[PDB]
Number of protein chains: 2
Amino acid sequence: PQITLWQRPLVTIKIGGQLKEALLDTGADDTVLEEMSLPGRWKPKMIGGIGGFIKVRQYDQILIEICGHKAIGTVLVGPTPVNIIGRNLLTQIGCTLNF
Amino acid sequence: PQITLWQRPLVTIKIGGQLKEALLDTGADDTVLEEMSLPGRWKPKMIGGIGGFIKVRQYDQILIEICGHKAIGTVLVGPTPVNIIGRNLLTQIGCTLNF
Ligand SMILES: CC(C)CN(C[C@@H](O)[C@H](Cc1ccccc1)NC(=O)O[C@H]1CCOC1)S(=O)(=O)c1ccc(N)cc1
């Protein structure tokens, strides 16, 4: 669909059997989700942004259904204020910026 | 223009007579630019990002040219790692998301 930016671009996602709302974020290289129950082994990674850095757990090959569209990719889980869908998943659903 | 997201969506901006590159960020509510020379009075303010909170200086009614698009709005200048154009300015140059 087409989304204007008058309000935060929130979308409904489904990961690991749970329904969550996430922010379509073009300035996020990676997808980072709030702490949640996810199965599998992970790797302790670390990312930075405004305000500093955070310790995050990296899970690969995670299936996420974003607005009905499915995608499989890396998902970071950790201390995030908002669930963020970054470019690693935004490219898989064919999301573009237009002006 | 149409911007695909395989690479960070960076654009050339002209502010305060200076040329800079900035990231188009749909996940950012406001525009945050690295610390730079800007004339005028400003108000102190703090921003919350992924790693914590930074204290920035707020400038109102500042002219900024993103591409050939001129826009006037609020700009926060402070310790951000990347210059980011947020939704306060993205809506003025008519930027949308599509998938
Ligand atoms: C370009 C960078 C440095 C900024 N990031 C993207 C931004 O969209 C980020 C998204 C977000 C919104 C609200 C709360 C917390 C995070 N907004 C952000 O800082 O909002 C401030 C600036 C003005 O208004 C509020 S990031 O979150 O650090 C990030 C970095 C790496 C990955 N892999 C994932 C996320």
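Chain identifiers are assigned alphabetically from A in the order in which the sequence lines are presented. Residues 1-99, in that order, are what chain A shows, numbered as in the PDB entry. The residues of chain B that appear here are 1-99 by the PDB entry count, in order. Order of appearance sets the numbers: ligands from 1, and atoms from 1 within every ligand.
- At ligand 1, the drug present is amprenavir.
- The largest share of close contacts with amprenavir comes from the chain named in the PDB entry as HIV-1 protease.
- Other chains within heavy-atom reach of amprenavir, distance under 4.0 Å: A, B.
- The binding site of amprenavir, defined by non-hydrogen atoms within 4.0 Å, is formed by A:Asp25, A:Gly27, A:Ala28, A:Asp29, A:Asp30, A:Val32, A:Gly48, A:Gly49, A:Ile50, A:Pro81, A:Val82, A:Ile84, B:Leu23, B:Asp25, B:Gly27, B:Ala28, B:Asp29, B:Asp30, B:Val32, B:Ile47, B:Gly48, B:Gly49, B:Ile50, B:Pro81, B:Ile84.
- When only non-hydrogen protein atoms are considered, atom 13 (C) of amprenavir lies nearest to A:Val82 CG2, 3.9 Å.
- In summary, the atoms of amprenavir found under 4.0 Å from a heavy atom of A:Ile84, numbered by their order in the structure, are 10 (C), 11 (C), 16 (C), 27 (O).
- Distances below 4.0 Å separate heavy atoms of B:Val32 from the following atoms of amprenavir: 22 (C), 23 (C).
- Entry annotation: the source organism of chain B is Human immunodeficiency virus 1.
- Counting the atoms of amprenavir from 1 in the order shown, those under 4.0 Å from a heavy atom of B:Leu23 are 1 (C).
- The atoms of amprenavir that sit less than 4.0 Å from any heavy atom of B:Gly48 are 21 (C), 25 (C).
- Proximity to B:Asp29 (heavy-atom distance under 4.0 Å) selects the following atoms of amprenavir: 24 (O).
- Near B:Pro81, with a cut-off below 4.0 Å to any heavy atom, the atoms of amprenavir are 3 (C).
- Looking at atom 12 (C) of amprenavir, its nearest protein heavy atom turns out to be B:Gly27 O, 3.4 Å.
- Distance from atom 28 (O) of amprenavir to its nearest protein heavy atom, with residue and atom name: A:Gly49 CA, 3.1 Å.
- The shortest N or O to N or O distance between B:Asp25 and amprenavir is below 3.5 Å.
- Atoms of amprenavir lying under 4.0 Å from at least one heavy atom of B:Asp30, given by number and element, are 23 (C), 24 (O).
- Interface of A:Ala28 with amprenavir, defined as ligand atoms under 4.0 Å from a residue heavy atom, comprises 34 (C), 35 (C).
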